[PDB]
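What follows is a model of Solute carrier family 15 member 2 carrying bound cloxacillin.
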Amino acid sequence: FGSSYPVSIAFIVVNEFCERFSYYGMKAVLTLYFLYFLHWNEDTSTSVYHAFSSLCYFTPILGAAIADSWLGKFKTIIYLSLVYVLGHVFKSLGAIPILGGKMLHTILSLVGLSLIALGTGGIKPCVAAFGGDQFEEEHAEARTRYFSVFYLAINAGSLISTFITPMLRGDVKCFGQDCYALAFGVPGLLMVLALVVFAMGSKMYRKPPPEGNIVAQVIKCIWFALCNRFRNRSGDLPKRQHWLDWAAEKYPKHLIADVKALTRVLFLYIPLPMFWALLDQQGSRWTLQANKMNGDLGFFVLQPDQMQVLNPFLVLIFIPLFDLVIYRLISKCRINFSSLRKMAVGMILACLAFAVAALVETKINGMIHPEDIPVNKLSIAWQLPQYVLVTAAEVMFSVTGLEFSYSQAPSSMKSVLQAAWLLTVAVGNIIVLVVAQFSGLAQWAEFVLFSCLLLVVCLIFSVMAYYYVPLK
Amino acid sequence: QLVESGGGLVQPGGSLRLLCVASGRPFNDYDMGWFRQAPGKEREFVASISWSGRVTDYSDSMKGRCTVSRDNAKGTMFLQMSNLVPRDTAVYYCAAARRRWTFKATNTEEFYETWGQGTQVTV
Ligand SMILES: Cc1onc(-c2ccccc2Cl)c1C(=O)N[C@@H]1C(=O)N2[C@@H]1SC(C)(C)[C@@H]2C(=O)O
């Protein structure tokens, strides 16, 4: 409108909102569909749900490879959104009980889920990188605000999805049975609308082309670099001053520098799966903590489950508050938050949140009687301080990570560093699954462990962020 | 393994509370389901309770209101039929299936592999 912000990002943030809406509206009904429509084992349903989630987490690698190495982006977004819409069509087609039964339903549902995972993994990094591409490299201050608005759109989509999903699967009969076809078709229409609105802004975008088979060049350059050193019975200059400088008889400098930056950022990101796994162990145990504390609140009775909704709402409140007030106040003085101090401070805040959760659990345990009521029974409040701290950590770490991934990536591989950021979440999710079964510790002792682990992870990231060499 | 059952005659609009005790491998390793076989009829699905009792399902009829519970300690399973009628005067069976990965419906006979003998609840 005025300046410094293209009209294009309007059909980027809206698309992201519409996509998250549909994704969270479908994933919510997925498990009920498995259990009460397909009539699957609990083990089978949970395993299929977790496999689908993991594939969704892991596919953005393929999406970013396709985008950067070939076809550019805004063409991988379009085609993978078409694949996403096809997957939604199949999934909603398999929930119709009229045609086929127990075999067409299973096949169509599984194929649709595979296509949905493919689409999501390739709309995730490409859309963020494409929206970032709309700003001139000099406008590095408007890009951060755009990324804040992008995260706000994500969280708003999640919140409206949570608030609107139970209405669709509430006492609706498709054909003499519970209506799952609508529950899966509404997300399909939302995805179709997202694709339409994104395509509507084609003439305004700033589509840049790919810089060649960048992924193959990167792999071959790394392979040559590693292979050169193997001078078992010889060697006078295998590689000095770096492990890539003597992969220079080919792979000109403009590629060696790009792979250097890529490897630097990847080594920096190494520790983030542990942070993601540790911070993901709060939406399950905090529910157990809530179940042990009063939730009448005088005005409105609060069920422990509903407290989960306090995270997206607090993110919505904190994003504008952080960007427009707190960061400006910090900038008032000489204090300089370098986008890596922000992430470390977010990790410290998450550690503090888990320590506060441990303290609240300790207070809960120390109950003694004076239907008998324990005098020292905490209200569902006192869960606010940990929700405030953990939410501020997510705003600082997550919004800063998207910008850091883009600003530090070579132009040839802008969406590959976005896949690297998403790859940490994918690996972190695997850690949660591998460690979920191992649970035999007290709630207070567990939180004091996660707080301590989250501290050690932050010291490792802080030390490696100190020696990081920024891209230039 | 070695499931059992217990129950008997009931009033036209009374209620019944059936038992199913496992006398073998631990009860937490088995998905359980209730079936009925009216005289001169095919076996019908009644209710199903998964391991840990987290997931429960009831037949479309669910005459009145059924409720399946299970305590994996002592391995006992309960079915609470509430508003019985002149119908459903069938022989009620208990079925157990070891946990595994399968795509067969949890509300079908072929899903279950240990059908214990059945009661003779009548109305
Ligand atoms: C973390 C995170 O930070 N930015 C993103 C992101 C990055 C690009 C496009 C869209 C998103 Cl949502 C992102 C993400 O994609 N995943 C987020 C994450 O982690 N969670 C959200 S989705 C989820 C609820 C399945 C998952 C979880 O809680 O397991």
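Order of sequence lines = order of chain letters (A, B, ...). Shown for chain A, in order and in the PDB entry numbering: 38-407, 599-700. Here the PDB entry sets the residue numbers for chain B, with the shown residues being 3-125 in order. Numbering of ligands and ligand atoms starts at 1, following listing order. Just the heavy atoms: all of them, side chains too, but no hydrogens, waters or symmetry mates, feed the values below.
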Neighbouring chains of cloxacillin (ligand 1) at under 4.0 Å, heavy atoms only: A
Heavy-atom contacts under 4.0 Å from cloxacillin (ligand 1): UniProt TM segments of chain A: 1, 2, 5, 7, 11
Cloxacillin (ligand 1) binding site, heavy-atom cut-off 4.0 Å: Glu53(A), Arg57(A), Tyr61(A), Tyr94(A), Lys161(A), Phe187(A), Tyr188(A), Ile191(A), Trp313(A), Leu650(A), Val653(A)
